[PDB]
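Next up: a structure with acetazolamide.
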Amino acid sequence: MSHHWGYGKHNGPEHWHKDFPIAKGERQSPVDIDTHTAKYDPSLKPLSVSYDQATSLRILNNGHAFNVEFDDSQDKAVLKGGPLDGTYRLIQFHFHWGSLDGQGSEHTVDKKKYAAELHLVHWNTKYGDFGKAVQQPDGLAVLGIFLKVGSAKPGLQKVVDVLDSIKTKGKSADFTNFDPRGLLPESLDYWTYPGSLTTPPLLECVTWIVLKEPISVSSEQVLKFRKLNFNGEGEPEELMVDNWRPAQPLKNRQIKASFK
Ligand SMILES: CC(=O)Nc1nnc(S(N)(=O)=O)s1
Ligand SMILES: [Zn+2]
């Protein structure tokens, strides 16, 4: 049992994978999030998030997929809470689509699947930029937002009118004075699921968070995109969906979460 000191055969060879805890901690395993098995963990530090200045300026398309831009020139919204060593700022996000006329999201929570979901990427500003954050595992994290269908337009009539302007991909339209808070609650507690990507052991500087209060969206909002092209006009009528991800459950004993 006693480990004789003075040697170090294992302390000799050193590689890229052997350097970072990427290979030493392989958690690459896609699985559906379960709320029933989730457990409340009040270990995190309760904090208050901001989002009063949060506002958009315009929306640019990439000829297929577009993301919403925000004015980082001010203190829009910031996230904080837990053993984190720095606050997380948000810059932009996008939404995925589905192949079915009822559902088709990336991950599935509470053994349930949604039609679409928002993808808000954030980077710890404490480390300066994502470039310095990627240098460590707990550097930069990713927030995963989900969207549920309610068929009840929360007063987005105008949002549908401006949409007729971006019928084809590759164009843009200036749109400021957005109200993303009108649908986003304070959100105190929320489940979590840290780990790495579903790709070979390379990087683990990505965390997967999930809020217990997903942003609600009407089926009428996506009913307009259904008629839109998947990449500019002139192409065969096909769905713009292209964000499918597997997650077969092996067993799932207990999942970490800040909320019960
Ligand atoms: C390098 C990289 O970011 N790749 C992906 N981007 N996000 C993707 S998604 N949300 O469409 O799955 S492809
Ligand atoms: Zn995405």
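Heads up, chain A uses the PDB entry numbers, so what you see runs 1-260. As the structure lists them, so they are numbered: ligands from 1, and atoms in each ligand from 1.
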(message) Can you tell me where to find acetazolamide in the structure, every copy?
(response) ligand 1
(message) I'm curious which macromolecule has the most heavy-atom contacts with acetazolamide (ligand 1) - what does UniProt call it?
(response) Carbonic anhydrase 2
(message) Quick sanity check - which UniProt substrate-binding residues of chain A lie within 4.0 Å of acetazolamide (ligand 1) on heavy atoms?
(response) none
(request) Look up the source organism of chain A in the entry. (result) Homo sapiens
(request) State the UniProt domain of chain A with the most residues near acetazolamide (ligand 1). (result) Alpha-carbonic anhydrase
(message) OK, so UniProt lists some Zn(2+)-binding residues in chain A. Which of them have a heavy atom under 4.0 Å from acetazolamide (ligand 1)?
(response) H94, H96, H119
(request) Tell me which other ligands or ions sit under 4.0 Å from acetazolamide (ligand 1). (result) ligand 2 (zinc ion)
(message) Hey, could you check which of the UniProt active-site residues of chain A sits nearest acetazolamide (ligand 1)? Heavy-atom distance to 1 Å would be great.
(response) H64, 8 Å
(request) Name the residues that contact acetazolamide (ligand 1) at heavy-atom distances below 4.0 Å. (result) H94, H96, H119, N243
